[PDB]
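Next structure: contains (+)-discodermolide.
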Amino acid sequence: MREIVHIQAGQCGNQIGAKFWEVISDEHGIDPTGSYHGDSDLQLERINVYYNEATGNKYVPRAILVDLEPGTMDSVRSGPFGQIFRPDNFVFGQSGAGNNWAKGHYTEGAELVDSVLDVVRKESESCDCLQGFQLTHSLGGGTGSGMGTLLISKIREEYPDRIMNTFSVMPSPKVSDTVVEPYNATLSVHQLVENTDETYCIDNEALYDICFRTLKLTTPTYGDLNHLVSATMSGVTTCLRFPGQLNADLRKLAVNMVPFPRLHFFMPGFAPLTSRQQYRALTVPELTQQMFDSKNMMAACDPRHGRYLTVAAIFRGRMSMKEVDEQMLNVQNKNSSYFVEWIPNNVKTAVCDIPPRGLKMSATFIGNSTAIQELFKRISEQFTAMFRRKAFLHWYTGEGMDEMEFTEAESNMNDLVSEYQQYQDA
Amino acid sequence: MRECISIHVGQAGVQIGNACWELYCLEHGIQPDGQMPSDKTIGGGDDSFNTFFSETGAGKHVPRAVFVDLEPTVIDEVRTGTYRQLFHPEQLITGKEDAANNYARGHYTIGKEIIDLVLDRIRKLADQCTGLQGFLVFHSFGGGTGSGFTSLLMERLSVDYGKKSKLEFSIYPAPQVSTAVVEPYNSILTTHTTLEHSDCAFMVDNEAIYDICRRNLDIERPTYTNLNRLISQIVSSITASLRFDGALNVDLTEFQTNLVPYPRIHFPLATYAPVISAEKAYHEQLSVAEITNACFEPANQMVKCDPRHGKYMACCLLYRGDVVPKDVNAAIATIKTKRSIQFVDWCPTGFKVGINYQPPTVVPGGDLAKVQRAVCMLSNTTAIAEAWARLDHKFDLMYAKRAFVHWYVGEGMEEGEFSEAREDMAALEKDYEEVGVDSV
Ligand SMILES: C=C/C=C\[C@H](C)[C@H](OC(N)=O)[C@@H](C)[C@H](O)[C@@H](C)C/C(C)=C\[C@H](C)[C@@H](O)[C@@H](C)/C=C\[C@@H](O)C[C@@H]1OC(=O)[C@H](C)[C@@H](O)[C@H]1C
Ligand SMILES: Nc1nc2c(ncn2[C@@H]2O[C@H](COP(=O)(O)OP(=O)(O)OP(=O)(O)O)[C@@H](O)[C@H]2O)c(=O)[nH]1
Ligand SMILES: Nc1nc2c(ncn2[C@@H]2O[C@H](COP(=O)(O)OP(=O)(O)O)[C@@H](O)[C@H]2O)c(=O)[nH]1
Ligand SMILES: [Ca+2]
Ligand SMILES: [Ca+2]
Ligand SMILES: [Mg+2]
Ligand SMILES: [Mg+2]
């Protein structure tokens with residue numbers, strides 16, 4: 001049993017995390033009360049990766065829910081699968097973090113973090129063989145961003161030999177709550193550069209544009225964005241949750257995907273993306289082409305603007321593996337220039353027989369592309385436009401931060417951008 | 001949790017307080033005796049309206065509010081009027097002798113005799129909160145109590161509650177309803193003294209409100225009652241996020257993050273729509289597009305100034321009633337392609353939107369039509385410094401001859417405090433110039 005411990009923090013983190021557990025619970029045949037009602041042994045074979053077994057053959061998510069205000073976790077608890085979570089794994093304060101990284105990381109978050117670590121330890125202690133951790137959060141707010149990265153640092157201190165994986169929602173001016181999001185995101189990215197092994201970068205503008213342009217949703221909601229993210233998270237974790245050879249655990253995945261320690265930020269993608277023709281059969285060739293289509297990717301970065309260091313592709317459903325191999329080989333052989341030539345055979349493909357609910361087949365894309373630098377450049381530009389005038393800084397210096405820490409975060413992310421550029425030219 | 005305590009100071013603060021609390025009661029279904037049939041939790045709760053109302057075991061919903069005035073006759077009308085049962089007598093605090101339109105008497109001579117009592121009463125409200133968020137302070141610029149006692153109170157609150165948030169609703173003077181020649185002195189003194197102690201201040205220009213009543217409601221000669229009902233609708237729009245829940249509801253503190261780029265630049269411009277009479281509203285539904293467009297009409301601003309001649313550092317739209325994002329987004333798009341909306345270069349240009357679904361309410365015997373939807377825009381614009389400029393100039397005219405200054409010196413003040421206050425205002429005006437200049 002290679003247990004993963006899941007953590008979800010702040011508003012974004014808990015809303016997406018709740019949807020994620022809804023989605024994979026349905027895949028494993030777990031109902032809202034933790035009872036199993038599936039019809040396939042494939043569903044239970046690796047169920048212990050994400051679920052603990054309670055008395056009465058109940059399955060309980062190995063999940064810790066964290067926030068600095070009670071509202072979103074109240075909603076989670078009142079939601080569809082809200083009763084499936086362990087009540088003691090709800091850890092929350094009352095004062096909130098005010099969309100402020102400093103409040104999350106240094107003041108409000110600091111008061112709460114030990115109680116979170118106590119629950120993390122309790123979950124880790126019962127693991128037969130802990131793989132590591134996966135955190136869901138946004139980078140643009142205060143709790144997920146500031147307290148989330150505080151958590152990651154303390155977890156690394158207590159579990160230095162375990163893998164740390166995040167699903168990190170990057171802010172965009174187009175789908176924005178506050179003007180200080182670029183401050184919060186820049187502060188957090190430096191934390192992630194040092195303390196995660198794998199980070200899936202989800203850009204809210206990409207999510208919005210997929211909903212509006214491709215799915216024809218006239219007025220996308222956070223709820224719509226979150227179902228996209230949930231479907232993607234289900235796809236990217238398929239290899240962890242079902243029998244398989246490739247990327248079957250967090251460490252083997254990292255060894256395959258991360259050739260240089262700092263360059264561990266992935267662009268995920270999902271297919272099919274279909275507007276409400278929705279009954280039309282999908283072919284492997286069509287899955288493959290859409291999976292690699294920039295329009296199906298979620299970092300708002302143009303892959304043709306860079307090069308792939310490594311790629312993992314996961315196909316789900318009953319389909320010809322012969323055709324999958326053929327189609328995957330075709331994509332690499334016909335656009336070979338976008339794959340760095342100094343990492344031979346850097347595209348790995350996995351197939352899982354169980355498709356997502358309500359689909360005959362689907363495909364999920366994980367790319368380690370140097371084009372991700374565009375995302376960090378955007379954040380850096382927005383950061384500097386304000387910081388050059390020290391605008392909105394008083395929210396942070398009021399929590400004890402000084403300007404030098406912002407200067408260092410800025411330099412750190414520009415270093416990261418430079419590091420991507422050198423391998424794009426290599 | 002998240003309690004807010006309101007403090008109403010002097011005649012303007014108290015009478016505006018009357019109008020707001022009456023309106024809140026109507027919005028939440030609270031009777032004048034404080035009973036609220038719809039509230040099924042007796043004697044407590046953590047509902048949204050509990051941010052502004054505590055509850056007794058006898059089912060009374062009591063404003064989290066203190067009324068303070070240095071003479072008794074305005075607050076006596078609260079003590080003896082329609083909503084008298086609403087307030088515990090200890091929440092209504094009066095002295096015998098007012099500040100005679102003199103900041104020095106409000107802050108020093110008369111104010112010092114009652115400030116400890118007022119703080120004790122506030123502490124009693126604070127002690128009943130489980131997560132006090134901060135204070136909302138209502139007062140005029142021009143009166144002796146509104147200016148001088150408010151300053152003293154804000155200073156003492158900083159000491160006793162530290163950096164707990166303090167927001168103001170400040171009544172900026174207009175000649176049509178002003179009662180003292182020295183109101184510009186009082187305004188500059190209190191603005192200087194309170195500046196470091198306030199996190200955010202919503203100025204309400206009596207002349208702007210006076211004009212709106214005359215023009216939009218066809219009121220020949222607006223009374224304070226007319227002015228105050230309008231002001232309470234605007235105050236209610238601003239506090240609605242605190243008092244109601246909802247999926248699309250955005251907390252005031254979240255708008256505040258965007259509205260205050262530097263501590264001293266903390267004076268948002270409020271614009272409210274629709275202000276329309278019953279006779280004009282009948283059979284004439286005003287859409288989301290129409291009320292949104294009206295926010296960029298200067299005639300509808302709470303402070304007279306011209307944003308078309310300034311730069312924006314933030315734009316927030318607070319909707320209430322029958323409003324969905326689809327319609328808001330379309331309305332904003334139209335506006336961006338037709339309006340004088342220029343932002344400074346160091347600020348993002350997106351409009352921040354909040355929607356509260358509870359529809360607007362009106363008071364019986366009022367001038368405003370009951371509408372299905374309304375909006376309050378809160379913008380941070382360099383144009384608001386026009387208001388300071390006008391006041392600072394009246395100050396300069398009188399102070400050059402030291403007119404009326406002996407009234408202040410006689411109560412213990414020094415000329416040094418006047419020039420210090422006026423220099424702070426000059427620096428503020430300069431701060432507003434500087435934030436508008438492009439980055440190099
Ligand atoms: C908006 C499109 C909705 C449905 C489409 C017709 C498609 O459905 C089928 N059956 O082909 C799906 C796969 C879309 O292509 C997806 C982009 C929809 C998607 C994930 C998110 C939307 C943004 C969001 O509004 C959401 C509430 C709408 C529909 C979801 O209930 C669809 C199901 O969600 C899943 O998690 C599984 C993958 C699978 O069971 C899927 C059928
Ligand atoms: N909008 C509004 N303005 C008012 C009201 N009452 C007074 N004002 C304005 O407030 C200023 C005068 O200050 P007041 O609040 O009356 O004075 P005070 O705070 O009671 O101070 P003293 O009487 O000097 O102790 C003038 O600009 C008036 O026009 C009111 O009910 N509504
Ligand atoms: N995709 C998605 N993004 C969200 C959601 N809620 C907030 N955000 C984004 O997250 C950032 C705000 O952080 P949030 O999680 O609300 O703050 P926190 O509660 O302090 O962590 C902004 O970039 C928002 O656009 C959500 O439910 N889904
Ligand atoms: Ca604390
Ligand atoms: Ca109650
Ligand atoms: Mg939020
Ligand atoms: Mg008076």
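Just so it is clear: chains get the letters A, B, ... in the order the sequence lines come, proteins before strands, and each one is counted from 1. Counting starts at 1 for both ligands and their atoms, following the listed order. Contacts here are counted within a displayed part of the entry, not across the full deposit.
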- Where in this structure can (+)-discodermolide be found, counting every copy? ligand 1
- Query: Looking at contacts alone, what is the main macromolecule next to (+)-discodermolide, by its name in the PDB entry?
  - Reply: Tubulin beta-2B chain
- Counting heavy atoms under 4.0 Å, which other chains neighbour (+)-discodermolide? A
- Message: Is it the case that (+)-discodermolide has an N or O less than 3.5 angstrom from some N or O of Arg357(A)?
- Response: yes
- Query: Closest non-hydrogen protein atom to atom 9 (C) of (+)-discodermolide, residue and atom name please, with distance?
  - Reply: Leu359(A) CD2, 3.5 Å
- Query: What source species is reported for chain A in this deposit?
  - Reply: Bos taurus
- Distance filter under 4.0 Å to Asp224(A) heavy atoms, resulting (+)-discodermolide atoms: 23 (C), 25 (O)
- Heavy atoms of the protein only: does one fall short of 4.0 Å from atom 32 (C) of (+)-discodermolide? no
- Could you tell me whether atom 12 (C) of (+)-discodermolide has a protein heavy atom closer than 4.0 Å? no
- Message: Please tell me if atom 39 (C) of (+)-discodermolide is touched by the protein, where touching means a protein heavy-atom distance below 4.0 Å.
- Response: yes
- Message: I want to know if (+)-discodermolide touches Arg276(A) in the polar sense, i.e. an N/O pair below 3.5 angstrom.
- Response: no
- Item | Residues binding Mg(2+) per UniProt in chain A, non-hydrogen atom under 4.0 Å from (+)-discodermolide | none
- Query: Could an N or O of (+)-discodermolide be found under 3.5 Å from any N or O of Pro272(A), whether backbone or side chain?
  - Reply: yes
- Task: Pick, from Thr274(A), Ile210(A), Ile24(A), the option with the minimum heavy-atom distance to atom 14 (C) of (+)-discodermolide.
- Result: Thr274(A)
- Query: Heavy-atom distance to atom 24 (C) of (+)-discodermolide: which of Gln278(A), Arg316(A), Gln277(A), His227(A) wins?
  - Reply: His227(A)
- Query: Numbering the atoms of (+)-discodermolide from 1, which are under 4.0 Å from a heavy atom of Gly358(A)?
  - Reply: 10 (N)
- Under 4.0 Å to a heavy atom of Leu215(A) - the qualifying atoms of (+)-discodermolide, by number: 17 (C), 23 (C)
- Message: Quick one: what's in the binding site of (+)-discodermolide at 4.0 Å, using heavy-atom distances?
- Response: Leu215(A), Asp224(A), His227(A), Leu228(A), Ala231(A), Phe270(A), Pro272(A), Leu273(A), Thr274(A), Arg276(A), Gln278(A), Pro356(A), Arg357(A), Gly358(A), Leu359(A)
